2 protein chains.
Amino acid sequence: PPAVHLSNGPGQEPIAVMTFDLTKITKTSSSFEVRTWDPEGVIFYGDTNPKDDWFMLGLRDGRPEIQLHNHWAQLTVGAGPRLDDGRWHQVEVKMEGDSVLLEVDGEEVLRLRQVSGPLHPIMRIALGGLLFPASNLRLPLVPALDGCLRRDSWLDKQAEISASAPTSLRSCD
Amino acid sequence: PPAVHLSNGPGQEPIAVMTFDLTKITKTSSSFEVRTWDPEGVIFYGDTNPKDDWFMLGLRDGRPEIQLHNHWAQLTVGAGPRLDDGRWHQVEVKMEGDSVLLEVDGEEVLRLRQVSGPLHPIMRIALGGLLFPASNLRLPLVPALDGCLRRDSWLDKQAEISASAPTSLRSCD
Ligand SMILES: C#C[C@]1(O)CC[C@H]2[C@@H]3CCC4=CC(=O)CC[C@@H]4[C@H]3CC[C@@]21CC
Ligand SMILES: C#C[C@]1(O)CC[C@H]2[C@@H]3CCC4=CC(=O)CC[C@@H]4[C@H]3CC[C@@]21CC
Ligand SMILES: [Ca+2]
Ligand SMILES: [Ca+2]
Ligand SMILES: [Zn+2]
Ligand SMILES: [Zn+2]
């Protein structure tokens, strides 16, 4: 399948942004495969509000890191094996009741419990970058992620309202 | 080496409690090996205050779970492979700067960042149970853990003020 570059040159902005109708979402999970040699960066960001209702999955020292900030929880957590070995890795992020689960290469490596209540009309998903300055993170990192993404599925496509790209998407071909 | 049972009959109380002089602790880590077929229970608990400054490492659905509550963070997180396969597993919990790291069988499986500041004169460590009712946890579980512990090392022995046992310790021999 066709893979895309996760950063556009400088890596100061997402390669793509998707907007969703929260009330229409039935599928509360996302999946994709990523390949990279970069130990730090944003794989994807999501929010309903950039100020007080956001989430980020990235890499720090080659391993998955999740930062999350909402009414119920505020945290910075690293988990799972290193993924900056240049191999393709299957990744799934799911909402299971009030928790968020992260599975890597078929194995559950992290479950953040009691982090989300009810389900805020819209949710945004940005790939390879944030929708606010890096300095705004609970724990800053340099967002640029030099890697490839493919076979990605984001939430509920039927609930997708729109998709934007700062610049044209570059293939990892 | 000699291994001890992690629960005393009912499993309604810790098999042992150790108290430490916080100001004297230089070694901020603990290590041990555990073997069990039980998917749920408390491996160990720690606090400086049972009300607002506590930590718990246990098992839920066979996997490590950490609950933590203090000035800086409040969370319930599961991570790592299942450990209820009846095999001996090396476990290490360490303080690295402002974070808490959990390593299993030599691999880092979880890093809770930004969870602890400065370093509250005393710290208590209870094995196989809590120092408050289970219902008081952020997320309740049944504390009784049917398993064995051996080669355990808790914080800084030189900082240990005292050690108590509700009842006599039972060997897994
Ligand atoms: C709504 C909401 C939120 O609270 C704010 C951003 C949301 C996350 C956005 C990214 C995401 C993509 C998925 O495929 C599964 C759930 C997660 C979401 C879980 C609920 C969150 C974070 C806990
Ligand atoms: C002091 C303090 C605390 O905040 C309250 C209980 C403490 C924990 C008690 C158990 C423990 C044992 C170790 O070998 C490493 C650090 C951890 C401690 C980290 C700091 C904590 C939790 C974050
Ligand atoms: Ca990078
Ligand atoms: Ca049990
Ligand atoms: Zn909100
Ligand atoms: Zn305190």
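Every chain is numbered from 1, with letters handed out A, B, ... down the list of sequences. So this one's X-ray crystallography, 2.0 Å, going by the header. For ligands, and for the atoms within them, numbers begin at 1 and follow the listed sequence. The basis for the numbers below is simple: all heavy atoms, side chains too, and nothing from hydrogens, waters or symmetry mates.
- Found at ligand 1 is the drug norgestrel.
- Of the chains in this structure, the chief binding partner of norgestrel (ligand 1) is, as the PDB entry puts it, SEX hormone-binding globulin.
- Other chains with one or more heavy atoms under 4.0 Å from any atom of norgestrel (ligand 1): A.
- Set against the non-hydrogen atoms of A:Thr28, the atoms of norgestrel (ligand 1) under 4.0 Å away are 15 (C).
- The ligand atoms of norgestrel (ligand 1) that sit less than 4.0 angstrom from a heavy atom of A:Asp53 are 2 (C), 3 (C), 4 (O), 5 (C).
- Less than 4.0 angstrom separates some heavy atom of A:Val93 from each of these atoms of norgestrel (ligand 1): 13 (C), 14 (O), 15 (C).
- Looking at norgestrel (ligand 1), you'll find an N or O of A:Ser30 within less than 3.5 Å of one of its N or O atoms.
- Nearest protein heavy-atom neighbour of atom 1 (C) of norgestrel (ligand 1): A:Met123 CE, 3.4 Å.
- Annotation for norgestrel (ligand 1): atoms under 4.0 Å from non-hydrogen atoms of A:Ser29 are 14 (O).
- The ligand atoms of norgestrel (ligand 1) that sit less than 4.0 angstrom from a heavy atom of A:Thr48 are 1 (C), 2 (C).
- Listed by number with element, the atoms of norgestrel (ligand 1) under 4.0 Å from a non-hydrogen atom of A:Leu155 are 13 (C), 14 (O).
- Note: chain A touches norgestrel (ligand 1) mostly through UniProt domain Laminin G-like 1.
- Taking every heavy atom of A:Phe44 and a limit of under 4.0 angstrom, the matching atoms of norgestrel (ligand 1) come to 10 (C).
- Those atoms of norgestrel (ligand 1) that come under 4.0 Å of a heavy atom in A:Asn70, given as number and element, are 4 (O), 23 (C).
- The nearest protein atom to atom 20 (C) of norgestrel (ligand 1), hydrogens excluded, is given as A:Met95 CE, 4.2 Å; this is a heavy-atom distance.
- Here the heavy atom of the protein found nearest to atom 22 (C) of norgestrel (ligand 1) is A:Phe55 CB, 4.0 Å.
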